[PDB]
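Depicted below, carfilzomib (bound form) in association with Proteasome subunit beta type-2.
Within every chain, numbering begins at 1; the chains are lettered A, B, ... in the order of the sequence lines, protein sequences first and strands thereafter. We count ligands from 1, going down the list as the structure has it; atoms in each ligand are counted the same way. Contacts are counted only within the shown part of the entry, which is not the complete deposit. Technique stated in the header: X-ray crystallography, 2.6 Å.
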Amino acid sequence: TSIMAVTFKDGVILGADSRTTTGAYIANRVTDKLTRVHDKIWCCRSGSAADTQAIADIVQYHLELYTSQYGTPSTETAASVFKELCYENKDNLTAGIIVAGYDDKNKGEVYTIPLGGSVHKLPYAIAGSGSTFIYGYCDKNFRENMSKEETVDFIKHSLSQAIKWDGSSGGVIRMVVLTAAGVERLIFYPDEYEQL
Amino acid sequence: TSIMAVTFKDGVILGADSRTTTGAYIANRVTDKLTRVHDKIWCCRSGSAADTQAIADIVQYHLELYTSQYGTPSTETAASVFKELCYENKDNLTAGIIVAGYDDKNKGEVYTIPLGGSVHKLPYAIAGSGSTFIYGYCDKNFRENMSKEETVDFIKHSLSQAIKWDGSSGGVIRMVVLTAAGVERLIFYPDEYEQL
Amino acid sequence: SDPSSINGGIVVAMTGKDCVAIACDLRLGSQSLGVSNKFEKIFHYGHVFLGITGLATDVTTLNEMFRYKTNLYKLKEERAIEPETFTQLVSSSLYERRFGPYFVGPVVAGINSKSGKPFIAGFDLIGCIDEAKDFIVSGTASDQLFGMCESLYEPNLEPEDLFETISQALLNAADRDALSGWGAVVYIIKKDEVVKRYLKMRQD
Amino acid sequence: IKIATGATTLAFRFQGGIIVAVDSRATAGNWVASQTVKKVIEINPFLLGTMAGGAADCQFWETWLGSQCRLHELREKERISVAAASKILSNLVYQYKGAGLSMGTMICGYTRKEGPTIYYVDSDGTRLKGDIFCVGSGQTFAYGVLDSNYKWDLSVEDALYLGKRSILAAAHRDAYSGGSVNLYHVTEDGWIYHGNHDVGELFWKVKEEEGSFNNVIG
Amino acid sequence: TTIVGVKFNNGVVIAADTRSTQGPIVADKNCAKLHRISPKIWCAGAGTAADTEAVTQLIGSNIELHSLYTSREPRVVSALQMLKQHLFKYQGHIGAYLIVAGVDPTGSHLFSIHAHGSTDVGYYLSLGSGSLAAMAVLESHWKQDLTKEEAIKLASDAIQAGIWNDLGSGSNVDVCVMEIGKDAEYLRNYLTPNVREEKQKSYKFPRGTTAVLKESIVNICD
Amino acid sequence: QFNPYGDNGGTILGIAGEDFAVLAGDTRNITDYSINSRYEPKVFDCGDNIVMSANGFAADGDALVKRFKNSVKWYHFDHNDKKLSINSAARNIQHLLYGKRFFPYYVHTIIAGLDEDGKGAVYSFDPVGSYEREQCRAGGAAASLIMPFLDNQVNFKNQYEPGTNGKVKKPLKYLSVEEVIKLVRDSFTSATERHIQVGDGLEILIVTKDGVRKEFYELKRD
Amino acid sequence: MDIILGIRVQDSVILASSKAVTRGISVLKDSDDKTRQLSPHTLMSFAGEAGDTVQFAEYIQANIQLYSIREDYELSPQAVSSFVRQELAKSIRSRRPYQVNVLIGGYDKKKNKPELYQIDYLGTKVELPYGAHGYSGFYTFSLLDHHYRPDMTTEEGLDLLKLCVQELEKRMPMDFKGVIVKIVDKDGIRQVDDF
Amino acid sequence: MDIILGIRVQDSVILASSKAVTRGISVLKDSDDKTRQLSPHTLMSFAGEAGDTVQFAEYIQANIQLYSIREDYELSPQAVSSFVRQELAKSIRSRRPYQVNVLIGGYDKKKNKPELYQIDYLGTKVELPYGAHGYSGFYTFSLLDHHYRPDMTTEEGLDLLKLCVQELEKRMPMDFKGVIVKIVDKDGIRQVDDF
Amino acid sequence: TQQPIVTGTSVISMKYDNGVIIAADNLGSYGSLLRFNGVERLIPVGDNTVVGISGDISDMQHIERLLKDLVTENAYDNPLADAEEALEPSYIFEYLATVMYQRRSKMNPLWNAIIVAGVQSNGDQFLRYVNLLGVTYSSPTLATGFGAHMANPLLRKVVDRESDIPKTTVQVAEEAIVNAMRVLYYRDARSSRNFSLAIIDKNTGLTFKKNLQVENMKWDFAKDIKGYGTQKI
Ligand SMILES: *[C@@](C)(CO)[C@](*)(O)[C@H](CC(C)C)NC(=O)[C@H](Cc1ccccc1)NC(=O)[C@H](CC(C)C)NC(=O)[C@H](CCc1ccccc1)NC(=O)CN1CCOCC1
Ligand SMILES: *[C@@](C)(CO)[C@](*)(O)[C@H](CC(C)C)NC(=O)[C@H](Cc1ccccc1)NC(=O)[C@H](CC(C)C)NC(=O)[C@H](CCc1ccccc1)NC(=O)CN1CCOCC1
Ligand SMILES: *[C@@](C)(CO)[C@](*)(O)[C@H](CC(C)C)NC(=O)[C@H](Cc1ccccc1)NC(=O)[C@H](CC(C)C)NC(=O)[C@H](CCc1ccccc1)NC(=O)CN1CCOCC1
Ligand SMILES: [Cl-]
Ligand SMILES: [Cl-]
Ligand SMILES: [Mg+2]
Ligand SMILES: [Mg+2]
Ligand SMILES: [Mg+2]
Ligand SMILES: [Mg+2]
């Protein structure tokens, strides 16, 4: 996997590749790693496909029950539920999750949750095996309060490089845009991003 | 280690950090990883400090004996001697070496020699533990036939990022410039490169 | 220390024209040491026949278990259990011990009393059903039995002919296996009569 | 690969020379590879060797032994002693000790100076002179019949039967022993072969005539 | 095993080979790997044979009770959810690799499930030892907007690739077609391209060949 | 760690008649669950009316055959073009195999031909050089399936004369070349059904005083 | 770890059990009785892991004696052997199994027949004319296979047994310090003091 | 494996060695002589790894006999023991060491004194009044420590030895099939046939 | 005893009526890192043979040097080096197979899988495989690594047996190879889009095609795929 989430002026954008592997075999070349846990709280999944699915399903259940009782949960609240599961079951899980959401008060927020189950709030986050190859690129090119089009290009160029160098990453580049306007899904195919 | 060598208009430039580690302890913070095997054929050393020193010493001996008999050796010839040692003793060595040299006919050339002992001629090369974090950056920013000042900036910015993210890299950035003019040594300190 | 090959033994079952046959060797050993030449591996509950190979303690235990369950079945249902139903019972019972299984290779054989159709089936140690038209094999000489049955078998054999085919399949398979032999028994099963024959074989 | 196979071999000294008796079965795990294996190696017309452990190791080196014995008598103009022949083999395998040879054999012969002689030779270097030896997976079963019925003053006929009956006892109980029985009688003038006997037919024949094996229905 | 699933215009089709192994030995030459969870939800199974049958029957039972309780026809996502949560709980120890497909009031669906509890969505899928051979065919010949007849052809061709090129797969091709608004049609032995040739000789023995020690009539009656 | 051995599957079969001998083998070559070749011969004419096959690890098998063929060539040079008898070839092969006792050829070797009396002869070897002459021998993956069938049909084991109370055995007799080929074909079609590593094709080499003849038959390719 | 033998003859069952108890390089005792009376006409000998053997034998003994008091009736050898088998069959899949092998010699008073049962630690039961556990069978079975007749007397059975012990004393590596012999018949259980 | 004992008395050295040869669960022989005469007044007993024992003993025997012929003179027990020690000392650092333990009993004709040397497979030499190898010492030393006197006769030494063999036969787990006893004195080497 | 470091993935090949085709991608992987992108793994020997190599790249470069030296050695004292006594595919293969088996027998293998494709002097097609174990086999289609699992099934649909070879044209055979390389790019995690392809024909000789790309790929359907089961958005 190569995944990332980036905050910008109008909100936040999640990005991911579409590759799922069993050793060197690609079990799924059109995987959707960007998954909804609430209307405007999404997550990027990396690590075990089984573990990350089971976790995301439980979080979605918790946030649905939260909403019925206490109204719309914060992005911080969603990250806390993820953390609780990842931390308390650290011995039996292999899950690297990035939580991203849009509030009206707090605007775009990004929380990353590595293997151990720690939580880290950041302006942007990268994760997955392919992220290693773009730490330098992302650090040099990230700016706060970017526009939607700038942020889309940043994610596109970043994941393009991650895919190029990482054998465990590839396929299409999926993106999910979270703003006050609503939820927008984007997709970018090899013929476009490879020749960037 | 973080090391690299980059060809440009007037010749080639070698670049390296200055960190030597024993586990997490820094045994030497001012190491010189750029080493001369001939007047205008140098190498970047990564991997085992003992192995790479022993190899470079043998190559320097072979090229000195070559010069006494057959005159100045090519950069390709130097890379071949390195390869021969690394390939035939692959079971007992841990050495990632980049060979760089300046001919008048061939101009600047760069050969990289990974663990297995294979040889790869390239426009530029990166190696060492810290190189992983700048594959994306270097691929996006490298251009052929750069100027001396452009190439120095490229190496400086690249190794700056490699040092920033890699715990096994750090200290000063050493550089060696190989042109028709001669041999020039450069050094860049933390206060400069960190805040790039 | 491989539970399925400590005691040794084999079972084979075949279908014919309006009949079925099931046969087994009589050996029980402790690895190289032969211990008993009277250890029968075929049991019956009403008109349904069950052969069991593998670890002898589990063979004995499972027979006692299926006797238990088929006796209660009959008391509540007021009728004898049929082969198809019994096959499912065996499968359920084995899978109940999925993560601590009985080390066995059971084989069901019988004729449905209502339809008159010949029926055989085989299982693995965790209860996977292997239904077959032709034949089923089990035991330490299963490879040998597969080879004999696949060449010797033909469809719609008469009881007297079927007897010779299954007997020869068992005998020659058992002689190429160290842990099988020491006697043999063959059941020939018709709609309303069952004949049991002991075979003469080499005792080494 | 699998060199560790089962067997029952015996050899004993008596008034009329030496009896050698062996089974014929070879196994690769539970799989019966052969029922017709020759486990007596005819080293020369006067010397016999038994196969137990590695089949190849026994075949190869006891054939090699026959070559050394032929060279001895060409140079010395005299028959080689059983002692000297056995020691050539034991010294040889001792050189290979640790490498992984697998051997348990009885070297049998009858000479003037020695009389009937048996040496147990083994792949870890052991060389033992003795009157009765039994080797293989079924050696214990055969020993029981031998010990209880053995006497020095046995006739040639009765001694041949005893060796045959002892192998049968092992063939019956030991799973890795059986097939057929090969008999040999070693005299001062050379060995005499006393035929191949299928255990299947032999068992039923002995059961009826002897009254033994009542536990078995026949 | 080789198993596949292919979506088409008005529904979905799944297929499977019929070989069952026990080491290098073929235990069953004509076993059924297509399972019915509900009337219009079917499942192709690879991996541990007992586990695929057991897990599919358990979820099928609970799906039936659920359908009766809710007075509704069962949904594929319910079977998917119940299967994956069961498999996840057992941490891969239940070796069931499934292709779940069917039609329900929501529409037509095609999923795969792995032993550890991960699920995937797709228009074409393949599982089992011969999945690479089958996937090679699917990647070569699949297109959008397949008809019923085209999907059956593609699915069976993918299974054939497994039959011929994978030693784990063989014998026949089973198919099940689930079309919207129609009953699901289970096509047992849709193709039989591995018929055994006539033997050179009959091995029927003369009667009395086998030596017999004892005969006795067995009492099966009360 | 590097493992210098592999398993290329396949099975072979040698039968000896009165004035002839056959050495058969399937033409399939495999690694794990993949097919490498559907037609890769492993039964060879080595000269002097000797046919040979070394089944198991194909690299060791080809090396052995190659060394034996070379041994035959030098036997002619050193001994005035004398014909290498089948028994002499057998002893020579023992020394080839045992020469690598501590790093063995991972193969089961079978040779066939005619003895010095003109009678059919088959010799079989274990991986380290123990050998034996036999009327009948199957080797390789499906040996366990084929061999007990041969015992029953060639050597008439467990078959007694009808009506004789199992007292009189069925008498041994030589089979014709036609009857032997029938048994070979039926042996391989049965092994093909139940063993995954056996199939594709069957190549038989028949040896008479006239020379070495070949016959080929198709097998199931699944 | 030792020698327990059993022979069923015409009118009785004879059990022979070694007297040695060894721990390390020391024979701690040379007069150990490796048997328990389960009922007046049923005797059980045992061999296996230290501690487990006696603990198991006495546990069985207690259960059979409890049954006898409750019903005022003696269980048949077949019934006792089945009970013992089931206990071992339970044991083998427990957290810590009983590593005990047993022989059960009994005289059935209803059938007027002697009966010998062999049960290993896995719960593997067989009825036999003669039986053994451990390596003992490897030596004696060929002798019994030969000399054993089904119509033998008790005295003939004792001579056949002596022959077995002699072969064991000759060919076995360990010194097992002789055997205690006990006879089970219609009149109950008694010990042979001079063997 | 097993029992080699040695006792040095006033005027002689007595060596006792077990007769059993065991391989697996079978006693292959019960009359094995675990000793070689190195010279007319020097005897060596041995125990250890199968094959190595005899191969080593005979190799030493050959070397000492070669010396005797060359010099027309018998080497002293002390000289022979030193030679034997050195060979074992070389062996222990070889590719495959001799796993053999020995006792060397000899009568020095120049000193008119009996001498007993104990040498293990490492090349560890000690001169002793009494000695043993393996587990044998664990049983007998306390007996010898008590009953042994330095001025004993040969007959008194044989009785002391009988007492040791009796304790071994009582407490040792394995049956070693008795011992062959040999005496070394001024008149040379002889065997006690009835023990 | 070795472990491979820089590796090359599948090599695929097949026979057609007048010759053979062989292909392999231009990637040198360093574990999961796709480190080197300009690696040629098809190496021509003369004008009638092409050796396709997968596995360890350092060992591949060694074999390149051996083949290059073989051509030099064959030309020594050989007036017919460019005619009757030129190097044949069968000569080149047997040499490599000898070397591979000798190296495995010294427990120091060349960690490669090799396919030698070419046309003999009499016009016969040559196609044979050899690997680190010294194992050799021939078939109308041959492939290494993932190619064995995914390419062979596709290529065997064209040429399923010997009799299908005269019926298969160079246009059809090349189409199947190019299709197979696309499937490998879809499904092999250590593959690249860029590859090389070589045709050895008995009439038109050796045609070596560099810098080919996988094209006409299907990715559009990916946009319709949402979630992993229940998700609708
Ligand atoms: C990139 C690939 C790596 O960062 C991404 O992180 C993606 C994340 C997506 C899918 C959400 N990760 C994967 O694709 C993931 C890689 C992986 C593998 C193993 C452990 C952790 C991560 N792949 C999987 O989870 C696959 C998905 C299947 C094919 C649908 N599952 C496996 O590979 C299973 C997992 C078993 C397991 C191992 C350790 C911890 C948890 C689960 N493994 C196998 O099936 C083993 N396989 C059997 C055949 O022999 C080769 C090995
Ligand atoms: C960066 C750091 C990594 O890519 C660079 O490559 C530099 C290259 C420069 C020095 C030319 N590499 C190192 O600094 C190198 C890291 C390393 C360590 C071990 C194996 C390979 C690479 N460091 C060293 O070589 C140090 C140099 C000493 C401190 C002067 N040596 C060690 O760490 C030694 C090496 C022993 C060794 C192991 C395996 C292969 C070859 C040699 N290791 C130790 O002393 C072990 N140490 C003992 C105390 O307990 C902690 C471990
Ligand atoms: C293709 C054909 C192969 O991958 C398919 O995937 C099919 C799937 C269909 C049948 C649902 N798979 C099999 O046929 C499967 C392959 C297999 C084997 C072993 C483990 C996993 C998968 N075969 C089986 O499941 C057989 C079914 C038999 C033939 C009825 N079962 C066995 O081989 C069992 C394995 C049982 C098991 C227990 C615990 C964990 C995993 C599996 N093995 C035996 O019976 C072997 N042995 C025989 C002697 O008695 C002791 C057990
Ligand atoms: Cl996923
Ligand atoms: Cl340094
Ligand atoms: Mg990629
Ligand atoms: Mg048998
Ligand atoms: Mg037997
Ligand atoms: Mg097949």
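Taking every copy into account, the model assigns carfilzomib (bound form) to ligands 1, 2 and 3. Other chains with one or more heavy atoms under 4.0 Å from any atom of carfilzomib (bound form, ligand 3): C, E.
Residues of other chains with a heavy atom under 4.0 Å from carfilzomib (bound form, ligand 3): C:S4, C:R98, C:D124, C:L125, C:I126, C:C128, E:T1, E:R19, E:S20, E:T21, E:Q22, E:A27, E:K33, E:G45, E:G47, E:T48, E:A49, E:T52, E:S129, E:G168. For atom 43 (N) of carfilzomib (bound form, ligand 3), the protein comes within 4.0 Å by no heavy atom at all.
In this PDB deposit, the label for chain C reads Proteasome subunit beta type-3. In terms of N/O distances under 3.5 Å, carfilzomib (bound form, ligand 3) is not approached by C:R98. Protein heavy atom at the shortest distance from atom 52 (C) of carfilzomib (bound form, ligand 3) is C:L125 CD2, 4.0 Å.
Per-residue contacts place E:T52 under 4.0 angstrom from the following atoms of carfilzomib (bound form, ligand 3) (heavy atoms of the residue considered): 11 (C). For atom 8 (C) of carfilzomib (bound form, ligand 3), the closest heavy atom belonging to the protein is E:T1 OG1, 2.7 Å.
For carfilzomib (bound form, ligand 3), other ligands and ions under 4.0 Å: none. Atoms of carfilzomib (bound form, ligand 3) found under 4.0 Å from any heavy atom of E:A27, numbered from 1 in the order shown, are 29 (C). Under the 4.0 angstrom criterion, atom 21 (C) of carfilzomib (bound form, ligand 3) counts as having a protein heavy-atom contact. Closer than 4.0 Å to atom 4 (O) of carfilzomib (bound form, ligand 3) lies at least one heavy atom of the protein. Polar contact check, E:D17 against carfilzomib (bound form, ligand 3): no nitrogen or oxygen pair lies under 3.5 Å apart.
Within carfilzomib (bound form, ligand 3), the atoms closer than 4.0 Å to a non-hydrogen atom of E:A49 are 10 (C), 11 (C), 24 (C), 25 (O), 27 (C), numbered from 1 in the order shown. The deposited structure shows a covalent link between carfilzomib (bound form, ligand 3) and E:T1 OG1. Taking a distance limit of 4.0 Å, we find that atom 13 (C) of carfilzomib (bound form, ligand 3) is approached by some protein heavy atom. Of the UniProt active-site residues in chain E, the closest to carfilzomib (bound form, ligand 3) by non-hydrogen distance (1 Å) is E:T1, 1 Å. When only interatomic distances are considered, the shortest N/O to N/O separation between C:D130 and carfilzomib (bound form, ligand 3) does not fall below 3.5 Å. Per the PDB record, the organism listed against chain E is Saccharomyces cerevisiae (strain ATCC 204508 / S288c).
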